[PDB]
Amino acid sequence: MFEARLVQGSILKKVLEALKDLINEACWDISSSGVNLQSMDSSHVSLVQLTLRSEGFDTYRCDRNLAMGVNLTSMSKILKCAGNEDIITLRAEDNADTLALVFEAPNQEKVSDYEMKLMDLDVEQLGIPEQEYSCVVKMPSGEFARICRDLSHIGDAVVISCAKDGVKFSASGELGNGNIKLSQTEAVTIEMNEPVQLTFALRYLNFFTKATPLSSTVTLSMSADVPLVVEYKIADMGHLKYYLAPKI
Amino acid sequence: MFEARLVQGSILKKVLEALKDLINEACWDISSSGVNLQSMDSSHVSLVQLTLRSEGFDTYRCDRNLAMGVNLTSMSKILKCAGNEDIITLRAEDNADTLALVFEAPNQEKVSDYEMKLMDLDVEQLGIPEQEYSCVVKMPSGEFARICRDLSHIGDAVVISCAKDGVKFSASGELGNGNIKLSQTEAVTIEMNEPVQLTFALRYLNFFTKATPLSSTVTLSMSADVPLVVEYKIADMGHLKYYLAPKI
Amino acid sequence: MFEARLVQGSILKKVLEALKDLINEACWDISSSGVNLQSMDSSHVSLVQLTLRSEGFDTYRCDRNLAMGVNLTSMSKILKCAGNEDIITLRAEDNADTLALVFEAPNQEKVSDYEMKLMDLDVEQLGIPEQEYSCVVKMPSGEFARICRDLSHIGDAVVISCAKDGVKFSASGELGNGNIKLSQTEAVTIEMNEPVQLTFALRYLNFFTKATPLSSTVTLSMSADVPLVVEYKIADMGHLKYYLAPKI
Ligand SMILES: N[C@@H](Cc1cc(I)c(Oc2ccc(O)c(I)c2)c(I)c1)C(=O)O
Ligand SMILES: N[C@@H](Cc1cc(I)c(Oc2ccc(O)c(I)c2)c(I)c1)C(=O)O
Ligand SMILES: N[C@@H](Cc1cc(I)c(Oc2ccc(O)c(I)c2)c(I)c1)C(=O)O
Ligand SMILES: [Cl-]
Ligand SMILES: [Cl-]
Ligand SMILES: [Cl-]
């Protein structure tokens, strides 16, 4: 008998806006500890992982663990019916076939309730390994978004080169090439053990940056021979992480 | 020798913006009492009725009654050439083949004049019956627009249920369903003799809401077995009314 | 060994935004005196001429005269990677095959450098004759843009009639016709020896007005039997001029 009330409901709005173009359908793993989503994107390239801890909700209750199969476009459409000031409650019965979503304001003059048909998805839980990241860059999320958008007018791929002093983003294509150098100082901070130079598809990074509204900061974690992790903190609640294998 | 000067010319701009998607061609009935338009929309579903009383114009003169056949897209295009601060004069000769439109500002530094070819439309005047509306809801026009837009992402039709205490808008479709409850308190006011529950096509309501800029308030009048009336007041001048039969 | 530093880099951004829809490819004539571009548009109708004098750059150096063949769409794409506050340096070696563009800010926290492949274009320099313009209209660039946009909803051509007292823009098409009268007074100023009445394609004027951000003023120079000149000053630096033959 799952139920979860989130006074800052706009977090859910932004979460769906940051998932709906990447994933068509995904399983929401609901448990005592919180809400978790894990899915490969629809092209089977990147893996997206969302954590929303029970403690970041204003009320939270989960009697039995649920795997809720959700069409993300549908859920996105329903969440567009919530205002940015709305208190949002999620509610599903045991062995649920629908998810209820209730939107309200403090003044209770407008109350909306939606019911979303769930899907049957017997998806398996993938193991996400832990890695030693020889290089971790924290920077303003908006500057990251800007760089990925700008450089995708030049080529399809971005070389990210990281050293103690600064981080460089480079691209090349038909028209020529470019590179963008950010020095360490919102700040740019680099925690690095060994320099890395890795190449990534801009198409996928430009999908990840739809998470920009969740945080003014993004963390890029990278190491040779493992996926890049692009991490947006969801304040006092958890995170959205995107994983992208370098181009080999 | 029709002539009409409207210092608040932006009213005409908004009137055309609220008609041009619904109607291709329509007759402007000009008479001593004022300007009236009546037309079925281009799909022959809803009826639109505009009243602009002679008294709301700053000057007004009509020697002989005229039926001006107008392509509304064309008139819309000409009215887009008026600024929002413009004084607008309409002028047509007796047995007119063209309508003149003059746009000016107080400072007279820019004066525009347009001439629009009229059309030949021998359309008959339809009788719009009077009805007893067992239920009349006054609410903010923007909230009405929001609800119709939001709910049309859920289904094609909206059930409007009205009672003393409040008004509910519901929709259902493939993805699931939703309902939006507004309580009586811009306010929400309900004057009702008997509860109504009626169903309407959202496609047409979303056309009516293009009239939103004419008023901060909309009036919904409904009764069993007669069209819904969606009414936008045009301050100190008249109205724009849209009529839509429930789905049966 | 050409190099040019422009602290107000946004001038270059606006220059490219005012050329890229009109011209695909064009030669940048670089010399001691400054940067000049001359090209027929891609339809071979209008001629565009850009002058940026060496003196308007913060530093300027040109060892040998260069004709740089540039795809303007490509250069436009690179200049979109510059911020509006950016210092912009252009750099090309002798007998250059690439153009370097460096973007920086005062605080040097972000430095970008791009390299653009040049093209081989053995275009000849066209002689632009001098003419006696019997009529010169100075007016606000935004009002010019407004008029050309508005009137292009009425017809494809604009009749520009100029007299001592004022300037009139007229258009006619299927729906009817219109004219817009501006009186002499940002001001409207007319210096005229003889009245002119000339007709011009609105499609091309609406391309010229993409230069609007370079200046709050536009100068229209016209005479019977020679092209209209539409001139946008590039403050303390030079100009962008567009030439358009009247319709005959
Ligand atoms: N589904 C894909 C395989 C695939 C599986 C997983 I688990 C992924 O996530 C991570 C995350 C962090 C890591 O360090 C690693 I190593 C992998 C990704 I990116 C791809 C296929 O079909 O090959
Ligand atoms: N033209 C349509 C018929 C049609 C005629 C009329 I008059 C209409 O307006 C109203 C307005 C208020 C009312 O109470 C009623 I009853 C009808 C409408 I909506 C439709 C056809 O072809 O059947
Ligand atoms: N390229 C075109 C010819 C063409 C050549 C030139 I030089 C042009 O510029 C001007 C500018 C100011 C003037 O007074 C004149 I006279 C011409 C233009 I407009 C057109 C063709 O192929 O016929
Ligand atoms: Cl991988
Ligand atoms: Cl009816
Ligand atoms: Cl010519």
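Chain naming is simple here: A for the first sequence line, B for the second, and so on down. Heads up, chain A uses the PDB entry numbers, so what you see runs 1-185, 193-255. Residue numbering in chain B adheres to the PDB entry, whereby the residues present occupy positions 1-185, 193-255 in order. All chain C residue numbers match the PDB entry; in order, they span 1-185, 193-255. Each ligand, and each atom within it, is numbered from 1 in the order the structure gives.
Taking the chain with most contacts, the partner of ligand 2 here is, per UniProt, Proliferating cell nuclear antigen. Considering tiratricol, thiamphenicol, azapropazone, liothyronine, the one found at ligand 2 is liothyronine.
Other chains with a heavy atom closer than 4.0 Å to liothyronine (ligand 2): B. With non-hydrogen distances under 4.0 Å, the site around liothyronine (ligand 2) consists of B:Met40, B:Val45, B:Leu47, B:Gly127, B:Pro129, B:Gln131, B:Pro234, B:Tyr250. Atom 7 (I) of liothyronine (ligand 2) is flagged as protein-proximal [any protein heavy atom, distance under 4.0 Å]. Remark: minimum distance from atom 14 (O) of liothyronine (ligand 2) to any protein heavy atom is reached at B:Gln131 NE2, 3.1 Å.
At the shortest separation from atom 17 (C) of liothyronine (ligand 2) among protein heavy atoms lies B:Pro234 CG, 3.8 Å. Protein heavy atoms are absent from the 4.0 Å sphere centred on atom 3 (C) of liothyronine (ligand 2).
Counting protein heavy atoms under 4.0 angstrom from atom 22 (O) of liothyronine (ligand 2) gives zero. Atom 12 (C) of liothyronine (ligand 2) has its closest protein heavy atom at B:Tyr250 CD2, 3.4 Å. Here the heavy atom of the protein found nearest to atom 1 (N) of liothyronine (ligand 2) is B:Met40 SD, 3.1 Å. Nearest non-hydrogen protein atom to atom 9 (O) of liothyronine (ligand 2) is B:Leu47 CD1, 3.2 Å.
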